[PDB]
2 protein chains.
Amino acid sequence: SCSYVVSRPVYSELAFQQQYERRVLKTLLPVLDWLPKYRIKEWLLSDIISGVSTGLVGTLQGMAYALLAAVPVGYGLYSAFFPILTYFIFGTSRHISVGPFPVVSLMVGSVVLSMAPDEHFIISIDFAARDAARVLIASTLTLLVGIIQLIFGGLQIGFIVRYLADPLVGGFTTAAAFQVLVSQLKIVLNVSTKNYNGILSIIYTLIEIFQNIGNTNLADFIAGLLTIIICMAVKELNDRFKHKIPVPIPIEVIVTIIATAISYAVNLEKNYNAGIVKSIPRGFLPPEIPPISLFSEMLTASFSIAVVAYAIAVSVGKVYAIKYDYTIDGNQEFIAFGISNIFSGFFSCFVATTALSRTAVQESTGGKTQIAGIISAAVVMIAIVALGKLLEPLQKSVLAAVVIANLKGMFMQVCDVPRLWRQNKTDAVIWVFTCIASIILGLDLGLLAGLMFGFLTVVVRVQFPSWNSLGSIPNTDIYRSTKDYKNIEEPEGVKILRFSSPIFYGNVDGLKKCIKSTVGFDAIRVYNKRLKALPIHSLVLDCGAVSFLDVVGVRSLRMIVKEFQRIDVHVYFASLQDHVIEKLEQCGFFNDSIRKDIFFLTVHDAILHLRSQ
Amino acid sequence: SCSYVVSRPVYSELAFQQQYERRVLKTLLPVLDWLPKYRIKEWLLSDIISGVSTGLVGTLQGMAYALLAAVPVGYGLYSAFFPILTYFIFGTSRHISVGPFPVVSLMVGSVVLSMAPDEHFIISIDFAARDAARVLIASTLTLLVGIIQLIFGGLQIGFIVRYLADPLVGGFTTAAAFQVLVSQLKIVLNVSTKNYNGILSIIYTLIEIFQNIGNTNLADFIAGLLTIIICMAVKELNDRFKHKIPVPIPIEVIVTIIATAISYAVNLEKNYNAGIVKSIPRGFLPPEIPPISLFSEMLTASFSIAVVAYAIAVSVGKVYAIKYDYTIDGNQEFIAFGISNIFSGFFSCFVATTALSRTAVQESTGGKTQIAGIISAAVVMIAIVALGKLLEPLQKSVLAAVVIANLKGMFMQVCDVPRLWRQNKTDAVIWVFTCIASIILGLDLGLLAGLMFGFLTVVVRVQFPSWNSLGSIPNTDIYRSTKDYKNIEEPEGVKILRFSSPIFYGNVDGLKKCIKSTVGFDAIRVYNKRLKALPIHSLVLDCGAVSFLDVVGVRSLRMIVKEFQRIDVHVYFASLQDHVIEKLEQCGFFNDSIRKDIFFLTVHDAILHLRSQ
Ligand SMILES: CCCCCCCCCCC(CCCCCCCCCC)(CO[C@@H]1O[C@H](CO)[C@@H](O[C@H]2O[C@H](CO)[C@@H](O)[C@H](O)[C@H]2O)[C@H](O)[C@H]1O)CO[C@@H]1O[C@H](CO)[C@@H](O[C@H]2O[C@H](CO)[C@@H](O)[C@H](O)[C@H]2O)[C@H](O)[C@H]1O
Ligand SMILES: CCCCCCCCCCC(CCCCCCCCCC)(CO[C@@H]1O[C@H](CO)[C@@H](O[C@H]2O[C@H](CO)[C@@H](O)[C@H](O)[C@H]2O)[C@H](O)[C@H]1O)CO[C@@H]1O[C@H](CO)[C@@H](O[C@H]2O[C@H](CO)[C@@H](O)[C@H](O)[C@H]2O)[C@H](O)[C@H]1O
Ligand SMILES: CC(C)CCC[C@@H](C)[C@H]1CC[C@H]2[C@@H]3CC=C4C[C@@H](O)CC[C@]4(C)[C@H]3CC[C@]12C
Ligand SMILES: CC(C)CCC[C@@H](C)[C@H]1CC[C@H]2[C@@H]3CC=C4C[C@@H](O)CC[C@]4(C)[C@H]3CC[C@]12C
Ligand SMILES: CC(C)CCC[C@@H](C)[C@H]1CC[C@H]2[C@@H]3CC=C4C[C@@H](O)CC[C@]4(C)[C@H]3CC[C@]12C
Ligand SMILES: CC(C)CCC[C@@H](C)[C@H]1CC[C@H]2[C@@H]3CC=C4C[C@@H](O)CC[C@]4(C)[C@H]3CC[C@]12C
Ligand SMILES: CC(C)CCC[C@@H](C)[C@H]1CC[C@H]2[C@@H]3CC=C4C[C@@H](O)CC[C@]4(C)[C@H]3CC[C@]12C
Ligand SMILES: CC(C)CCC[C@@H](C)[C@H]1CC[C@H]2[C@@H]3CC=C4C[C@@H](O)CC[C@]4(C)[C@H]3CC[C@]12C
Ligand SMILES: CC(C)CCC[C@@H](C)[C@H]1CC[C@H]2[C@@H]3CC=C4C[C@@H](O)CC[C@]4(C)[C@H]3CC[C@]12C
Ligand SMILES: O=C(O)c1cccnc1Nc1cccc(C(F)(F)F)c1
Ligand SMILES: O=C(O)c1cccnc1Nc1cccc(C(F)(F)F)c1
Ligand SMILES: O=C(O)c1cccnc1Nc1cccc(C(F)(F)F)c1
Ligand SMILES: O=C(O)c1cccnc1Nc1cccc(C(F)(F)F)c1
Ligand SMILES: [Cl-]
Ligand SMILES: [Cl-]
């Protein structure tokens, strides 16, 4: 077939250079972009239906997620209502819904509980003062998170989500699922367990729950178990029988309605001392400015909460945008969510994000422009104003049971771990380290530890690269490692070394060790021995994989060249990229008889040049 | 001259693979290694002289460095005595001296002061109890540092000193010089300033010193100024006139003797209320076991102290070993220094290390085997037993003045900073960040921040690499960027892209963006538009600089290949290293009609193969 034929002179860097010469409306993204461009002819009915459905789902989700945070049920409605209204303007996406997403709710609740516990705040008990303190701390944390998100949006740094590797995301998700399960089990069992702050908190909580297992309430446990079993069974039959009924079956809403109807009918509150919500405020509360003096004690938590919320939001937005063939702006997502968090924090709400489940519920029922979000907000406010009394007899164990029932997918990555280990050990190590760190630590501390561990793994992978001693395949210009192909012939009196990495301090130490091992000796000892008394004549370095360079690398290269020229051994460089060559130039490498004449394009011109002498 | 001529068939990876087939006495290092091999015939006199000289220097240095730590003068003699005795056995080096090196002393003193201040420990004042508490905390910290060093020596991890980059070392040195200067100025001025713990401590200390400047003592200030001026002048004339007198002139010892003689003669203590040492214990104290319960509050400081001490010791040892043509074992250095720190901590001493200045004093006076260390220890114990009373009238301001006078070299890196910025911006950024962090923080926190910032800089340099669009030089097989050489011709209907970095998640996002920019479009939009309705026909990737790979990179490559094959665009790979090829193989890349037939050795076989069709 085709053959490889070429004829040209041998080109060093100097000769090659001699012969060839070198040398205002998007930042505040309005509704004005699509509102005039609307398609009211057919989109309105779909928007209305989708908004009604997603509002019905989001009301229950906000009521349920208010328990993950140490906030009374009723503020979740505000957290579902205000962020949608303030995101309708600055939002870039077109199919997402805004709400708690209980993981962020659990982070906020952990912060609030650790910053205001029962024994420290109250030495008597005053439920109202404790609730007010918890609400104030939640609002302050929300405001701080919003400020941080807005600041990050202003700086145009939205690529930090790249640093959230998939294995660490999976490990963090599994650990968060464990934390949520433990907290909701504590809620279901109706056992009073004092909070633990610090490391190994979950173990102490589980130990004390098992100790106090003797005080559990029978009715709440039975209701939770029945709800979990029913929801899991209906979800399993929905998953197995999937060709029909594209809309998900609203088993949770039916379960909640039946549970509250029975609770009101037979009055579990006074006959069995059951745990009901017992209180839902009516109307809208006036705004209150949070105290900013607490900002000094909520930095390392607000940073992680903002990062996690933004990452979830952009992930869901991209997943839907690639399906519907459009794009979203990451920095505008930062700006919109920061403004939304500020506005909600001024109105006694906790952090709001995308909730992929509710997003799918909204989209599968005729997903269209953000008018459905406005309709959902209208449904939520109608529920707030009037339907507050009808949900009074509902038990909190039912909501906790639903939250637990929706945790299986977060529990199903332990099956992905073994294949990940089989494919690449580093990814499995990152997964396990992130999971363990998030287990015995706070969630935010675990996230930060996982990020820095990923950075460390990248640095270590760069620091210990591959290296080889190369020889030529006969009658060709192909050089491969001598110990692998069994037909590689070593040239006479010259060594070829490949060091497949950029060169920095760790790499300069590694490269010195590799050179000493490959050449069979070192220049310093032989020079000293020869001075006291009073096999290789050339060395070629293949630098095709050298990405970048620093001052320490240049110093090490200069020292190596000088030491090898002391004992009459020539060192040549080949396949060096240009930008590395100017990096060498501006670091003062080309001084004291270097002259750039020892640089070649590939490792076959150097061999021919050596053979010419 | 010589020409480049080669003739061979075009080799893909599959054809190339088909045609060529692949496939107990050192851990406890004794004195027994050199003691029988001694050269007592001529080495003994040199050892005696060098030991006497270095003991005379080390006595004064230990007495002076005891003020940097919040420990009374007298324990520095123990810290100079015990570590030499316990290092004579396990030591690998042959020319170093063991002692405080005031930077580590200042770190220890900062820890001790922050863990036991005047107001908290004493509500009255009891000097003896405060001194006992400071000594106990110093001993406990020394024991913890020794345990950490021994543990690190057992694990055979001695290459962590590679992570201490030169710019961060220079910045840390400058910041430590500033801290030492401020503390010793506070000591010289004889002004009482309450300690500050936390961030911005040095600024508050300086502000309060300037506020209390009205209470300074005249005699101590005059003595310190005179000592500093005299020492600086003598050192300057010694440096300028250097051809003669190879041994350094002991101006410091003469200054100390004259100062103490005058102080005893005219009795500054009672006539001017001067600050003298006023107390030196006689004899040896019995050992006391430190309380281990404090270990929980000294981890992040002991880690940094151990790392810094080990780094200084190995640096000086290597500098002298390369001169005297021998080698030292890093892990054995860990073991020896950990055992030494444990032994000294059991005997009320602080951390001991190499003190390059005293090492040079020892070596320049006939450097030989470690017998000189034993002689120096003998001189130190003779000074302890008998000469304790003669140093009573000496002022502490003189010692502080000497410590300040020896700080110029640590202050002389601000001149190195500008050239570092001119050569490589990243190194200057690391230097400035380390200096600023060590200024407004603790020294250990600054060191940790500098290490993690170096890791971040390496990760960022890897994450944003170089990329280019390549074309061929006519009548050759050399491909260079089209926009640089002005004679590069772009081939017909094919694009060549070089992405000079390994591929991971940040790199996969960058590579997707680069491919989209280079090819002028993307596959998803054109595929969707063509489906709704119902310039480039080949792409070559130059992967010569791809070092390693992960699962995310493999997934991204698979997705890119599939998306480009959807719209009838062929993607080829060239210059991929072997180990990357097996990494692709074991990640499941070669599924669904890949067949390894799209891999070529270099980017000229791919072009010829394309031209054959
Ligand atoms: C973008 C890149 C990442 C940025 C990350 C930024 C992190 C910022 C941390 C800020 C920080 C360190 C500052 C130095 C950091 C040095 C790092 C060195 C790194 C290298 C080695 C501030 O440190 C000081 O803390 C003081 C309180 O201790 C605080 O209050 C003082 O002054 C007040 C008047 O101003 C006065 O009213 C008050 O009385 C004073 O005390 C000071 O204002 C503040 O300066 C530590 O604070 C963080 O917040 C909490 C504090 O309690 C603490 O909460 C945890 O508690 C749970 C257990 O209970 C735990 O389980 C949770 O997790 C978490 O809820 C966190 O743990 C801690 O971290
Ligand atoms: C190889 C790689 C590096 C390894 C680095 C290892 C560092 C280990 C730090 C250990 C640590 C964090 C543990 C969790 C870390 C989470 C990291 C998350 C990372 C991701 C984001 C322990 O944290 C807890 O601290 C408690 C005390 O607060 C301590 O005592 C509790 O139980 C006791 C009975 O056991 C009981 O008697 C006691 O009453 C209890 O309180 C607990 O035992 C201990 O668990 C923090 O402690 C460190 O030490 C000091 C504590 O005060 C503190 O001192 C600083 O003070 C100066 C200002 O004053 C400051 O200027 C100085 O610098 C420094 O002197 C340090 O700042 C702090 O860091
Ligand atoms: C289908 C789902 C939604 C129905 C949920 C309704 C809940 C409130 C009902 C269903 C089954 C009920 C339980 C059935 C049996 C008993 C035993 C009796 O000695 C005490 C009441 C108790 C423990 C009931 C409490 C209330 C209960 C848990
Ligand atoms: C080792 C290989 C062959 C296992 C292949 C099957 C995998 C997917 C399954 C089989 C049994 C599973 C384990 C069963 C029990 C536990 C204990 C609990 O902590 C959950 C994780 C863990 C540890 C599971 C991890 C995933 C697992 C190992
Ligand atoms: C990749 C890098 C950033 C990871 C760093 C993790 C470090 C900082 C963490 C991981 C686990 C942590 C330890 C977990 C448990 C305890 C016990 C407690 O009584 C004192 C703190 C101590 C001893 C912690 C010190 C800090 C620690 C060692
Ligand atoms: C050469 C070096 C080592 C000599 C050091 C000796 C010291 C103790 C001597 C040298 C100069 C002396 C000072 C000279 C002048 C005065 C002014 C007088 O009104 C009070 C005493 C005072 C302030 C002296 C104090 C002691 C002093 C500082
Ligand atoms: C105790 C106080 C005074 C400490 C102050 C430390 C800071 C402010 C100092 C110490 C060393 C200084 C640097 C030394 C050298 C240069 C190079 C030149 O281009 C001026 C700026 C720059 C980069 C300086 C910036 C300020 C700097 C970082
Ligand atoms: C900057 C270019 C043009 C010349 C560089 C010359 C170098 C060797 C010298 C000349 C003068 C020096 C500066 C003079 C004074 C100070 C104040 C103090 O904070 C130390 C840093 C700094 C800022 C010095 C840094 C180093 C410096 C800039
Ligand atoms: C590369 C990595 C390790 C750098 C990390 C630097 C971070 C952790 C450090 C650098 C400077 C620090 C800040 C310095 C000063 C203050 C003011 C104080 O009242 C609260 C803490 C706060 C706000 C610190 C928070 C932590 C901080 C932002
Ligand atoms: O997912 C949760 O945590 C959750 C909590 C309370 C109610 N509903 C929840 N989820 C959920 C998910 C899909 C469909 C539905 C619904 F439509 F049936 F309401 C609810
Ligand atoms: O998106 C979802 O549906 C989802 C569900 C459970 C956990 N995590 C989820 N998402 C998700 C995506 C990216 C990053 C993160 C994380 F950062 F919080 F870990 C979460
Ligand atoms: O360097 C110090 O901090 C120091 C402190 C006290 C005494 N002498 C010191 N140094 C020092 C340095 C070189 C030579 C001599 C001496 F030989 F003159 F004693 C002393
Ligand atoms: O070796 C010396 O003489 C010296 C003098 C001043 C500062 N630092 C010195 N050494 C030195 C060498 C390596 C690492 C370190 C550091 F880690 F402490 F910063 C110090
Ligand atoms: Cl969900
Ligand atoms: Cl010194």
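For reference, chains are lettered A, B, ... following the sequence lines as listed. What you see of chain A is 17-39, 64-164, 176-585, 654-732, where the numbers are those given in the PDB entry. We number chain B the same way the PDB entry does; the residues here are 17-39, 64-164, 176-585, 654-732, in that order. As the structure lists them, so they are numbered: ligands from 1, and atoms in each ligand from 1. Determination method: electron microscopy, 3.0 Å.
For ligand 12, the correct option among abacavir, niflumic acid, tolmetin is niflumic acid. Here the macromolecule with the greatest number of atom pairs within 4.5 Å of niflumic acid (ligand 12) is listed in the PDB entry as Pendrin. Every other chain with a heavy atom under 4.0 Å from niflumic acid (ligand 12) is named here: B.
The binding site of niflumic acid (ligand 12) (heavy atoms under 4.0 Å) is made of B:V97, B:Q101, B:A104, B:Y105, B:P301, B:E303, B:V304, B:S408, B:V453, B:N457. Source organism (PDB) for chain B: Sus scrofa.
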